[PDB]
Every structure is written in C-alpha cells, then in structure tokens.
*Asks:* 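I came across a structure with oxacillin (bound form) and want to understand it better.
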Amino acid sequence: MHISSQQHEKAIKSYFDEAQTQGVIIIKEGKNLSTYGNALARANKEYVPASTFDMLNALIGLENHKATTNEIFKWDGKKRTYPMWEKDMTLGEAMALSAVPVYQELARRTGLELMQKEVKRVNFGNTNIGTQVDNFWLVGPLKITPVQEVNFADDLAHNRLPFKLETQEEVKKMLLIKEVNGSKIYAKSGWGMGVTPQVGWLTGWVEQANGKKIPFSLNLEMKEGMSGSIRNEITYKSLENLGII
Ligand SMILES: Cc1onc(-c2ccccc2)c1C(=O)N[C@H](C=O)[C@@H]1N[C@@H](C(=O)O)C(C)(C)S1
C-alpha cells in the first residue's frame, strides 16, 4: 500500500524467525527478482530439488508419450511410507499428493538416457542426474538454487520451456493448490532427505485476476517436528504482505 519496503522486509523476515528456521523467499515481478526472508544468502546456493522436480518429470514424461493425463498408475499393493500413496492415481493426483512412487515409475519409463538429455536441453539446475534414474532429484547429484527455481517457475508460467504448449498447460493444471480472492496459486512442494534439518521448498506462481503471473520460490530448513504446511503458511503470509494476493 504505502508500506515502506523496510517494513515489508522486516515483516517477511519475521515469518521465518517465528518458525525458528533459516530461509529465503524469492519473488519475480516481470524481470525483477527480489529476495526476502531471514537468510538472504541462500538465494544462490545449491540444494537438491526434491519433489519440486516432479514438475519437470511430468513435462518430460508427457512430452515423450510415457504417460497421459487420464492414465491411472496402479498401486502395486506394497506398503508405502504414507497411506495416502496406497491408491491408484493420475499424474495430477500424484502431483497434489507428491506421490514419490508414481514419479519414480514415470522416471523409469523415460529412462536414464532420455532423462539426462531432457534435463540438459532444459538446462535445469546443475543439469546432472548421475546414474540412478529413480532418485537423483531426492538424493543428488542434481542440484539447483532458489534463483534458478523461481526462473524455472517463471518459464513454465509463461510457456517458455522447450516443450509443446499443450504439455505445459497439462502440467500447469496439475499444480493448482489454492484460490484466494480471484488469485490462484500454482506450486509444488519439496522436502529433502537426511536427518534434521532437511531442505524445504515451495516453488510456483500466482496468477492474478487480471492475468498477471508472479513466480516465487521459498526455500528453508525443515527442523525437527515442523509440519509441512509451514512452507505454505510462510509463503501465503509473504505474498499477502506484499499485496500479491
Ligand atoms: C521428505 C523426504 O525425505 N526423504 C525422501 C526420499 C524418498 C525416497 C527416496 C529418497 C529420499 C523424501 C521425499 O519423499 N520427499 C518428497 C519430495 O520432496 C515428498 N514430498 C513430501 C512433501 O511434499 O511434503 C512428502 C513428505 C510428501 S515426501
């Protein structure tokens, strides 16, 4: 409104301070990138993308006819880390649930060789997937910075990735997670491996009523007993503080 930028900066740093974590949220208006939060130097450090990769995994699988958007991925009946994953689902349902096994099956369909060259073509992060086609986004060697992630989301939001328009639209329909007063929030979460603390992500964009698109990438540390929805909460408060929703 008439709120000073010092106050915006302080308000958003306090959302990270209150959660007792260290993180950054990067916003992009048109060409301009702004870095908020309580740990601004995270912006150009490299982290595994974790499930945020699901977005590119989907783009690639669909572009290369490894799946369709109505196709059902059967649960094989093995006990899963979460009961919510013990069901048959579409890619899109799997995006909302972040169903690692489905994205792993998709990655195996695509294959190491095809995955490696698609990730080069797209030049995502450090572009390196190593030798294990089914976990390189979760344990490395693939890594990416928060700046690169918000630029990725900015590409996909404006259909600039090197995939057909219809492939991009298909994956964007999968990413709708919230509606707030005429604004829509498209995004995918990520949560890295290992003992606490782990990396957390929420990367996407808001599509405003007038058609304007404002990409964001939140990146922070997931501390002992933090709920996943803290990523969402910090993100929503930040976007609201800045009047983007
Ligand atoms: C955490 C997490 O910690 N370790 C792995 C992993 C799994 C298999 C092999 C190697 C590592 C993992 C994971 O699965 N992360 C996923 C992607 O970010 C899923 N997104 C989460 C979410 O979005 O909230 C889920 C907590 C829903 S899981």
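All residue numbers in this chain count up from 1 along the given sequence. In each ligand, atom 1 is the first atom listed, and ligand 1 is the first ligand listed.
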*Asks:* Name the main binding partner of oxacillin (bound form) here according to the PDB entry.
*Replies:* Beta-lactamase
*Asks:* From the PDB file, what's the organism behind chain A?
*Replies:* Acinetobacter baumannii
*Asks:* Could you establish whether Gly194 and oxacillin (bound form) come within less than 4.0 Å of each other, counting only heavy atoms on the residue side?
*Replies:* no
*Asks:* Pick one of side chain, backbone, both or neither for how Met222 approaches oxacillin (bound form), counting any non-hydrogen atom pair under 4.0 Å.
*Replies:* neither
*Asks:* Can you pull out the closest protein heavy atom to atom 7 (C) of oxacillin (bound form)? Residue, atom name and distance to 0.1 Å, please.
*Replies:* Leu138 CD1, 4.2 Å
*Asks:* Which residue holds the protein heavy atom closest to atom 14 (O) of oxacillin (bound form), what is that atom called, and what is the gap in Å?
*Replies:* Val100 CG2, 3.3 Å
*Asks:* Give the residue, atom name and distance (to 0.1 Å) of the protein heavy atom nearest atom 23 (O) of oxacillin (bound form).
*Replies:* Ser189 OG, 2.9 Å
*Asks:* Give me the nearest non-hydrogen protein atom to atom 22 (C) of oxacillin (bound form) as residue plus atom name, then the distance to 0.1 Å.
*Replies:* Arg231 NH2, 3.8 Å
*Asks:* Starting from atom 21 (C) of oxacillin (bound form), which protein heavy atom do you reach first, and at what distance in Å?
*Replies:* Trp191 CB, 4.1 Å
*Asks:* Taking only heavy atoms of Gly190 into account, list the atoms of oxacillin (bound form) that are under 4.0 Å away from them.
*Replies:* 18 (O)
*Asks:* For oxacillin (bound form), which atoms have a heavy atom of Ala50 less than 4.0 angstrom away?
*Replies:* 18 (O)
*Asks:* Can you tell me which residue and heavy atom of the protein come closest to atom 18 (O) of oxacillin (bound form), and the distance to 0.1 Å?
*Replies:* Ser51 OG, 2.4 Å
*Asks:* Does the protein place a non-hydrogen atom closer than 4.0 angstrom to atom 12 (C) of oxacillin (bound form)?
*Replies:* yes
*Asks:* Could you walk me through which residues contact oxacillin (bound form), taking a 4.0 Å heavy-atom cut-off?
*Replies:* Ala50, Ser51, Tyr82, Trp85, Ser98, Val100, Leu138, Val139, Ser189, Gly190, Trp191, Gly192, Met193, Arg231
